[PDB]
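Entry below: contains 10-1074.
A note on names: the letters A, B, ... follow the listed sequences, proteins ahead of strands, and every chain is numbered from 1. Contacts are counted only within the shown part of the entry, which is not the complete deposit. The figures here come from the full heavy-atom set of this structure, side chains too, leaving out hydrogens, waters and symmetry mates.
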Amino acid sequence: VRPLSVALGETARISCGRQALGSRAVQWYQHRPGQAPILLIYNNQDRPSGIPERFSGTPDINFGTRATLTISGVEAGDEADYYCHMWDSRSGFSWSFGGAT
Amino acid sequence: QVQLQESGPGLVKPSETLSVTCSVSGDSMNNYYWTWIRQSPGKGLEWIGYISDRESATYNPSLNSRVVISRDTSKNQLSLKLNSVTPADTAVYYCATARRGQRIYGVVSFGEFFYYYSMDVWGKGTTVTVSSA
Amino acid sequence: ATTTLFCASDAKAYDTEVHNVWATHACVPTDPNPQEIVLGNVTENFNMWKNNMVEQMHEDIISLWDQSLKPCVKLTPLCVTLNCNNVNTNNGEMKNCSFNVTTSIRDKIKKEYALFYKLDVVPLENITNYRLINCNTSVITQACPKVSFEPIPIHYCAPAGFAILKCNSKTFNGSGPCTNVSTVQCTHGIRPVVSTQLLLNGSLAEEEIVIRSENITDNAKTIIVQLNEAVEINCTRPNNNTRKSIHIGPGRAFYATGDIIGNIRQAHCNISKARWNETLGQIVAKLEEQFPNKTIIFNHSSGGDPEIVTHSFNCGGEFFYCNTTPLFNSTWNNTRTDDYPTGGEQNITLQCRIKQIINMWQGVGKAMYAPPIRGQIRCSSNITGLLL
Amino acid sequence: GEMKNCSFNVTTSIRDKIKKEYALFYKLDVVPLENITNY
Ligand SMILES: *[C@@H]1O[C@H](CO)[C@@H](O[C@@H]2O[C@H](CO)[C@@H](O[C@@H]3O[C@H](CO[C@H]4O[C@H](CO)[C@@H](O)[C@H](O[C@H]5O[C@H](CO)[C@@H](O)[C@H](O)[C@@H]5O)[C@@H]4O)[C@@H](O)[C@H](O[C@H]4O[C@H](CO)[C@@H](O)[C@H](O)[C@@H]4O[C@H]4O[C@H](CO)[C@@H](O)[C@H](O)[C@@H]4O)[C@@H]3O)[C@H](O)[C@H]2NC(C)=O)[C@H](O)[C@H]1NC(C)=O
Ligand SMILES: *[C@@H]1O[C@H](CO)[C@@H](O[C@@H]2O[C@H](CO)[C@@H](O[C@@H]3O[C@H](CO[C@H]4O[C@H](CO)[C@@H](O)[C@H](O)[C@@H]4O)[C@@H](O)[C@H](O[C@H]4O[C@H](CO)[C@@H](O)[C@H](O)[C@@H]4O[C@H]4O[C@H](CO)[C@@H](O)[C@H](O)[C@@H]4O)[C@@H]3O)[C@H](O)[C@H]2NC(C)=O)[C@H](O)[C@H]1NC(C)=O
Ligand SMILES: *[C@@H]1O[C@H](CO)[C@@H](O[C@@H]2O[C@H](CO)[C@@H](O[C@@H]3O[C@H](CO)[C@@H](O)[C@H](O)[C@@H]3O)[C@H](O)[C@H]2NC(C)=O)[C@H](O)[C@H]1NC(C)=O
Ligand SMILES: *[C@@H]1O[C@H](CO)[C@@H](O[C@@H]2O[C@H](CO)[C@@H](O[C@@H]3O[C@H](CO)[C@@H](O)[C@H](O)[C@@H]3O)[C@H](O)[C@H]2NC(C)=O)[C@H](O)[C@H]1NC(C)=O
Ligand SMILES: *[C@@H]1O[C@H](CO)[C@@H](O[C@@H]2O[C@H](CO)[C@@H](O[C@@H]3O[C@H](CO)[C@@H](O)[C@H](O)[C@@H]3O)[C@H](O)[C@H]2NC(C)=O)[C@H](O)[C@H]1NC(C)=O
Ligand SMILES: *[C@@H]1O[C@H](CO)[C@@H](O[C@@H]2O[C@H](CO)[C@@H](O)[C@H](O)[C@H]2NC(C)=O)[C@H](O)[C@H]1NC(C)=O
Ligand SMILES: *[C@@H]1O[C@H](CO)[C@@H](O[C@@H]2O[C@H](CO)[C@@H](O)[C@H](O)[C@H]2NC(C)=O)[C@H](O)[C@H]1NC(C)=O
Ligand SMILES: *[C@@H]1O[C@H](CO)[C@@H](O[C@@H]2O[C@H](CO)[C@@H](O)[C@H](O)[C@H]2NC(C)=O)[C@H](O)[C@H]1NC(C)=O
Ligand SMILES: *[C@@H]1O[C@H](CO)[C@@H](O[C@@H]2O[C@H](CO)[C@@H](O)[C@H](O)[C@H]2NC(C)=O)[C@H](O)[C@H]1NC(C)=O
Ligand SMILES: *[C@@H]1O[C@H](CO)[C@@H](O[C@@H]2O[C@H](CO)[C@@H](O)[C@H](O)[C@H]2NC(C)=O)[C@H](O)[C@H]1NC(C)=O
Ligand SMILES: *[C@@H]1O[C@H](CO)[C@@H](O)[C@H](O)[C@H]1NC(C)=O
Ligand SMILES: *[C@@H]1O[C@H](CO)[C@@H](O)[C@H](O)[C@H]1NC(C)=O
Ligand SMILES: *[C@@H]1O[C@H](CO)[C@@H](O)[C@H](O)[C@H]1NC(C)=O
Ligand SMILES: *[C@@H]1O[C@H](CO)[C@@H](O)[C@H](O)[C@H]1NC(C)=O
Ligand SMILES: *[C@@H]1O[C@H](CO)[C@@H](O)[C@H](O)[C@H]1NC(C)=O
Ligand SMILES: *[C@@H]1O[C@H](CO)[C@@H](O)[C@H](O)[C@H]1NC(C)=O
Ligand SMILES: *[C@@H]1O[C@H](CO)[C@@H](O)[C@H](O)[C@H]1NC(C)=O
Ligand SMILES: *[C@@H]1O[C@H](CO)[C@@H](O)[C@H](O)[C@H]1NC(C)=O
Ligand SMILES: *[C@@H]1O[C@H](CO)[C@@H](O)[C@H](O)[C@H]1NC(C)=O
């Protein structure tokens, strides 16, 4: 994993796994240490209730490029472990939640 | 308001039948899609499959179809059945809900779409160890 | 009489020195002020079904296609044994074939990879193992790139001492007399569009739709329907596919398909529903006079080859083969029906399919391999009549 | 004899397989090449 723990007020970027190879629909998750994994982003941009606008994602120009979560203005409640569930119409199935971080 | 409550054996013997029940508090089970998520320590989460309104289920081929998800709609509880367990199945378990999501990319009538699932309401956590001791 | 006729094509083209297929370098530039002498009380009779210009034009078009692809690559070292798999999609129409080929130096060997379509392969006899579609009955020739297929118009001119007569009647069938005859030396701007089942970039009739046949009671005579307002069709092929370049022998390159970048989609065409409903409704009012007692139905075609029973045309480099089963459904008694549900959606779609190897004009020893076009494809044709 | 029954390997229409064929043809169409008569 790559550790990115800068003093607060900067912008963090975390990249996901496999190269793209078709149109995607990628989730994101927040597994706090000692806690349960919490959903953050579905459909590459969409944000449920209770999450601030500091999180964004990657569009569907995908076609060989990596998926990325972006955290602008990192705060104190932003240190956890983030996973990455994968979907695309071209590469088959998925049964794991991507490489850990 | 809905709450999930894992309740299993805690410690069993290998090569036997196991059962873990997630008690649901807040809604009847006929409106939601249900799933279990296991976590081996250090590695990533794993999704065993799902269960639906019309008993739609597709179990993981890497789980090798040794699982049958059972349900208790009377006590509003989500159970689980799994036979001939291995010591590699030692994992922190979770019970969770699932929602419908459909992605379109071409003309629909040719079948150029697919389905994906998000998990929003999570459980609280339990640990079942498959060990000889 | 009967004579030879020569080409005429004007200089809105002829700025680049390129050779397409319908030569246009040897075509004389046509006259800017074409003289049309309107004759007097002159009644000549015309016969659409005994006309020599049609056989001249058929021989000409076959000979023009035979001029090009004479100095082109022969694909005789390509009829070899092909392996295959399917394309790595989820869990098909294009195959990922591999084959041994001799290199440019006839002492070594080389292993290659190419993607191309089903309808261009035949199974040979577990590992699936086959060969190409037409390499036991025909010698096959790759058409060159930088050689255009675009149908630019052709005027037919008669030599000195001859003349061409012309029918100016509004409603004129085949095989009758006229009472309004003009004379020219140079015909209409006729476009060589090669297509089945429908007539695309044509010429429209005036104030009615007109139905022609030789003997309409005889059912072995084809029927030509000419409309008076066009019905637009809008085809495409949405796949961003590359092209390889395999070199076979000295100075001869072979152009295959490489990978596919993106999604895998089919090749729809989107004809409009209400407009074509109007068209098909006003065809049958003229049809109900030649058979004035009965219901008439439109049924689809009959099985067979894909290049006979389907609408086949040329869309900027590829050859499309859409089938017209969503068109020809219905059943009409009193110029009304219930076979369209008056709801749901507009835009009747059609399913095309792509084919490289083509032996149009039903050849028995010759074929053609159209190399792939890089990018995406659109046509927007302009339907003017049809063949029943 | 004035006829000859001849057999020969041929490379067929598909340029990987080897076929074996028979044909009768006349003397005065042959030349002896060099026991089996092999011309
Ligand atoms: C022959 O006729 C047929 C029909 O008979 C035509 O077929 C059509 O083909 C197009 C593609 O060429 C299909 O479009 C696809 O439709 C998807 C669903 O559309 C609706 O999606 C949601 C509802 O779930 C709405 O929000 C949309 O409405 C909004 O967008 C449109 C855009 O024009 C506006 O007009 C509306 O006013 C709304 O603003 C639609 O109603 C659609 O989701 C999809 O687009 C996504 O995917 C492509 C793939 O690259 C992306 O480029 C695009 O940006 C979209 O991506 C979304 O999601 C990602 C991440 O998830 C984000 O990054 C994006 O910002 C975006 O949110 C695509 O457009 C259409 O469905 C299909 N018709 C039918 C009936 O199936 C043929 O084209 C026609 N052929 C010819 C030659 O004429
Ligand atoms: C890559 O390609 C594979 C192809 O192998 C593809 O797998 C297919 O996945 C889909 C998605 O799950 C499967 O389709 C669904 O199957 C379920 C369950 O049926 C299967 O399982 C039972 C045993 O559990 C078997 O007895 C049965 O024979 C099947 O094998 C169905 O319940 C699904 O129906 C829903 O979808 C329909 C399409 O829209 C709806 O019309 C239908 O009503 C259902 O939708 C919901 O509608 C309402 C919404 O709320 C609700 O009221 C309803 O109750 C219902 O919940 C559907 O048939 C399919 O079987 C798989 N293919 C095969 C061959 O098994 C992958 O998905 C694909 N992956 C990618 C990324 O493209
Ligand atoms: C292109 O030409 C090559 C020439 O080498 C072909 O390779 C062939 O590959 C097979 C499979 O490895 C070889 O078969 C071998 O058979 C022995 C005998 O049982 C076995 O012990 C080996 O493990 C192996 O299976 C074969 O010798 C080899 N060569 C030839 C001349 O056949 C290749 O198949 C050709 N490809 C195409 C598409 O034609
Ligand atoms: C004649 O060709 C037409 C196509 O123009 C065919 O009509 C199609 O019929 C199917 C089934 O009847 C329709 O599918 C269904 O439509 C309803 C109405 O919205 C919808 O609720 C369903 O979910 C489903 O989509 C289809 O829409 C319709 N196509 C069009 C363009 O209207 C017809 O089947 C052909 N044959 C005959 C005998 O009419
Ligand atoms: C056409 O090609 C075939 C290819 O098999 C030729 O067959 C050859 O036939 C001879 C005679 O049977 C084979 O000779 C063998 O020799 C060993 C050692 O003496 C002996 O033990 C065997 O019983 C057999 O006689 C030979 O292996 C075989 N194959 C090849 C590659 O030569 C055939 O002769 C050809 N015909 C013509 C007209 O060229
Ligand atoms: C085209 O229309 C003309 C009418 O001007 C038809 O010519 C007449 O046809 C009838 C019936 O066959 C004959 O009895 C007449 O002798 C024809 N000539 C004239 C001057 O009336 C002609 O048959 C039509 N052709 C087709 C193919 O329908
Ligand atoms: C068609 O099949 C060939 C099989 O060799 C594929 O070529 C290899 O693809 C892998 C996968 O990325 C590469 O690592 C290799 O470098 C490729 N070449 C060789 C010689 O092994 C090819 O990618 C396939 N094409 C499609 C579209 O599926
Ligand atoms: C359109 O034509 C097909 C055949 O060209 C007809 O299909 C036949 O349908 C009958 C219905 O009872 C079957 O018994 C036959 O076996 C079918 N095939 C053949 C070859 O006759 C079809 O009925 C026609 N449609 C309409 C509306 O007339
Ligand atoms: C032409 O397209 C039509 C589309 O309606 C095809 O008709 C149906 O194709 C499906 C495909 O599986 C079959 O299950 C049906 O039996 C077909 N008929 C009907 C009435 O729905 C048709 O097959 C296409 N023609 C060819 C030669 O492929
Ligand atoms: C020429 O020689 C060949 C030797 O193979 C003869 O062909 C065989 O003849 C026998 C006897 O009739 C048949 O049973 C076989 O089926 C034939 N073919 C093969 C491949 O063995 C052929 O008949 C001879 N011709 C003459 C005129 O003598
Ligand atoms: C054609 O017929 C009309 C009427 O009979 C006659 O007056 C005229 O002179 C004729 N010729 C021309 C060239 O109009
Ligand atoms: C070529 O092969 C195909 C299929 O094997 C067959 O239909 C065709 O008749 C063959 N041609 C000849 C001349 O044998
Ligand atoms: C004959 O056709 C010409 C074509 O332009 C037209 O000008 C002329 O009026 C027509 N004559 C009659 C009598 O209809
Ligand atoms: C047209 O076809 C009918 C039907 O076969 C035949 O009787 C007739 O002789 C044909 N010719 C004419 C001029 O009607
Ligand atoms: C098609 O693929 C090529 C590959 O580099 C790319 O340059 C081009 O932009 C693509 N076109 C579209 C429309 O995506
Ligand atoms: C068709 O023939 C019948 C007699 O069989 C007749 O009564 C009817 O009027 C005819 N149809 C029309 C449209 O005239
Ligand atoms: C003929 O038309 C009538 C009314 O116009 C309709 O009821 C009937 O279904 C049609 N077809 C037949 C075969 O009578
Ligand atoms: C097609 O035209 C007929 C006659 O005008 C009409 O009854 C029918 O509703 C039309 N269908 C559609 C889909 O517009
Ligand atoms: C599709 O239908 C619309 C009407 O909803 C029409 O305006 C459009 O021209 C059609 N598309 C074509 C004919 O390509």
What parts of this PDB structure belong to 10-1074? chains A and B
Help me with this one: what macromolecule has the most contacts with 10-1074 (chains A and B), named as in the PDB entry? Envelope glycoprotein gp120
Under a 4.5 Å cut-off, which other chains come into heavy-atom contact with 10-1074 (chains A and B)? C
So what's the source organism for chain C in this PDB entry? Human immunodeficiency virus 1
Any chance you can list the epitope of 10-1074 (chains A and B) on chain C? Use non-hydrogen atoms and 4.5 Å as the cut-off. C/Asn88, C/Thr89, C/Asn90, C/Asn91, C/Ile260, C/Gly262, C/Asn263, C/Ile264, C/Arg265, C/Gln266, C/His268, C/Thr349, C/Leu350, C/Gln351
4.5 Å heavy-atom paratope: 10-1074 (chains A and B) on chain C: A/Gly22, A/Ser23, A/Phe63, A/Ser89, A/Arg90, A/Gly92, A/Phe93, B/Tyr105, B/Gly106, B/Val107, B/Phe110, B/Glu112
